[PDB]
Student: 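Quick one: structure below, then a few questions.
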Amino acid sequence: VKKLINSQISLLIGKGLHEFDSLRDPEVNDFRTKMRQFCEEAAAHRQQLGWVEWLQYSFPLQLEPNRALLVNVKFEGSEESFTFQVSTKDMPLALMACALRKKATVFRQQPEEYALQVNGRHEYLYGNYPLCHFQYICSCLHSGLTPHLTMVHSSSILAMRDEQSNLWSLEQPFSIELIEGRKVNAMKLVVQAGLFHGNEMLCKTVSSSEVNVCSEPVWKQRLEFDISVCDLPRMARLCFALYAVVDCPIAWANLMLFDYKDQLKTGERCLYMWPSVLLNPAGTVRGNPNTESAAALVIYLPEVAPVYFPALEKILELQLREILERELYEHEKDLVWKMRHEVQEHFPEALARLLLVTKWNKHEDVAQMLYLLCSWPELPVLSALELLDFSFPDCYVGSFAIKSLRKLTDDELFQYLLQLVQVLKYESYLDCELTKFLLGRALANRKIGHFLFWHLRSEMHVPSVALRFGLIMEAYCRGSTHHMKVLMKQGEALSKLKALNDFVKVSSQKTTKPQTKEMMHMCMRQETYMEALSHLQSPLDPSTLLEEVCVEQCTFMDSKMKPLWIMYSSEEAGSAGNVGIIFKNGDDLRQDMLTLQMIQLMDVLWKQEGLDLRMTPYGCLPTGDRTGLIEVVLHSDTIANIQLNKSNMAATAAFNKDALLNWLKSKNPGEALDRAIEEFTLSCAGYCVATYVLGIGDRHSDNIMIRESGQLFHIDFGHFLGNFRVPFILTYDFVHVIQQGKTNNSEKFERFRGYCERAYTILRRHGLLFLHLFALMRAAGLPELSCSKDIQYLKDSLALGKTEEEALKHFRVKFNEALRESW
Ligand SMILES: FC(F)c1nc2ccccc2n1-c1nc(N2CCOCC2)nc(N2CCOCC2)n1
């Protein structure tokens, strides 16, 4: 069995475990054994959890950030169901009391023994919360639907639990010998080397001698650095660039000067370099795994004595501030450092600014900073996120930052998971506090575990992270054997969708769409495909169950990559078991995921201030190499499709401007139309503010969709942050709907401007949260989130320098400009 598990892990993570063994690497070997132990302890703990605690782990509650209501309740193993009237303010317990009282009268005769499952989903209602605080009930109220729930007894939950078991002395200048290279080029070669602590140089860079593009180049020269060996900070990295000149970059390579056991490195090293686009301090400190073809540098680290970095106990041994403390001059820097005790004492949240003023290239000053740091009070989550930036390379700072993030709720962690995973790319060593933090949290919440897995799995085709990410996924698997098998099922479904999508691509260039679609259906109806594609948890949302694939309703779309549109149904889920996914292969989905996650965050922040813009936060999840899934919002269509203005159709208009309004009218007869116009106005405000703030341009009728409820949302975000200064967009046909069809309607239109202003001003108040998250996202390597000007785009769009009064006036001008332009 131990053999079988290992083969399953290798298959799941997309990398053979034997490959880790073959590295003969102590750091890898250490990581694997420590993390495996940690993860196995988490699993022991989980297996004895109380049944409510188990539910909390497996099906974490889905909550929103007086009225009558009908609810249908059945018991687990029964056809018989009952419809009860309850209040939105009632607790699930009261509901469960009704259900049991009804059961006992039927059967002729305790609520705390039960939880309520949402029919056909892995989602439960339990706890001390009014029904309307549950996302599901809340959702049912707005769409107008009846909640369907199933009474599940504690013994049944426990069966699920059960089925799922498993030094200071060295004053000589730092120096290296550059020995030789092995490489490709057209000119002379040079090696530039710098010593970095994060983004900051610890001293000047020092260049190599120019040697002809001949060879197999052979330097054999001492490069000496303008820094003492005792002043190298613990997280010092040495960064190289190999290039050509008569500039033409060739390659780069980084390494930590100390190893994962804190020992200073000696002597010779062979550096397999990464091909270029000159110094790249934020680039990985691990060699290029393509040793067959990568250019290679050999250096020698001279034996300076073995010295390990000094222990903490040894480290420990060794006005107008406010008016500025809200980029700084050197004298301003000097007062901050001078008054570092006051900073700790009366301005602890200004820790980052103090860290940025310490001289990381002098060990006495670092020991000073560290001394303060070790008694520094915990900071809020917002402050802690800033400290995860690459600007804060020191391990003690890193550790402090994680310590401060431990108070993150699961809902917050989930919201910031994408960025936390991306920060892993900044890590210097395999065994680190972030990895342990993410793994423990993942093992204590299955939803965390699910998305941690997919974020890591979706980048296994990236050589620079394959090893790190592979190792973490292995560790995770040791910690939950059952969930590994659930995840393997999803991977099997994704393997099949790829093969099917490849077929569809080929067929679409040879025959008519009707013919390709029929062939797609025959392929899907093969036993191997019916079995692979049915009965899985959605990678988009593990609480959504994808039961039986409805082949007859599957198709594909006409765009370049021919994305697949896959529908599912489930008898048990009734009608909320009718769900769709899109499989897309050929495009990088990371940018779309980021854009949707930031819009979802806006929706959270708006709702926390009592502003519900009726947004549509659907899933998007990269799963592999230019591969991933998109959640289908049903009962929606594109603005362009609605505006095709076909004859012999409900929405038949005298003027194209009336097409959308007419469409809305046909889906929302009578009284209902007014609320639909309201849903459209609210969502339109939300999306107009979001796409402006994030600089999403190229918005048109083919990438804007509308729900039959009136709710508008966006699809296919190819660009953001003004990378293909985007204006605020007001579209005429939308303004026409907002104005209820009327040419003049300032009452409705100005209500809509109010919504826009209220949404925009709320985001500004959280501007720093967006900034810190985008900062962390720079680790991802998206070409549209690659430098400062990308970030500056967000600063400008949020007008963060300005007072709220100025910001709003500025916004009002952009909005008014948008309205003029509206024809
Ligand atoms: F290529 C398209 F699949 C596509 N790429 C997307 C990237 C991010 C988000 C959504 C994306 N979609 C997408 N997403 C969707 N969704 C996803 C949201 O629910 C409605 C259906 N539909 C489409 N199309 C249907 C109508 O006309 C154009 C294609 N396309």
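All residue numbers in this chain count up from 1 along the given sequence. As the structure lists them, so they are numbered: ligands from 1, and atoms in each ligand from 1. All heavy atoms count here, side chains included; hydrogens, waters and symmetry mates do not.
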Student: Give the PDB name of the drug at ligand 1.
Tutor: ZSTK474
Student: Would you mind finding the main macromolecule in contact with ZSTK474 (ligand 1) and telling me what it's called in the PDB entry?
Tutor: phosphatidylinositol-4,5-bisphosphate 3-kinase catalytic subunit delta isoform
Student: Is ZSTK474 (ligand 1) under 4.0 Å from a heavy atom in the side chain of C620, in the backbone, in both, or in neither?
Tutor: neither
Student: Is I582 touching ZSTK474 (ligand 1) with its side chain, its backbone, both, or neither, if touching means heavy atoms under 4.0 Å apart?
Tutor: side chain
Student: Looking only at distance, does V633 have an N or O less than 3.5 Å from an N or O of ZSTK474 (ligand 1)?
Tutor: yes
Student: Heavy atoms only, cut-off 4.0 Å: how does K584 contact ZSTK474 (ligand 1), side chain, backbone, both, or neither?
Tutor: side chain
Student: Indicate yes or no: does an N/O atom of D592 lie under 3.5 Å from an N/O atom of ZSTK474 (ligand 1)?
Tutor: no
Student: Between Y618, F556, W565, flag the one that comes closest to atom 21 (C) of ZSTK474 (ligand 1) by a heavy atom.
Tutor: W565
Student: Working on a figure here: which residues of other chains come under 4.0 Å of ZSTK474 (ligand 1) (heavy-atom distance)?
Tutor: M557, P563, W565, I582, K584, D592, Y618, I630, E631, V632, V633, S636, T638, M705, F713, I715, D716
Student: Could you tell me, for ZSTK474 (ligand 1), which of its N or O atoms are under 3.5 Å from any protein N or O, listing the pairs and their distances rounded to 0.1 Å?
Tutor:
| residue | atom | partner | partner atom | Å |
| --- | --- | --- | --- | --- |
| ZSTK474 (ligand 1) | 5 (N) | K584 | NZ | 3.1 |
| ZSTK474 (ligand 1) | 19 (O) | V633 | N | 2.8 |

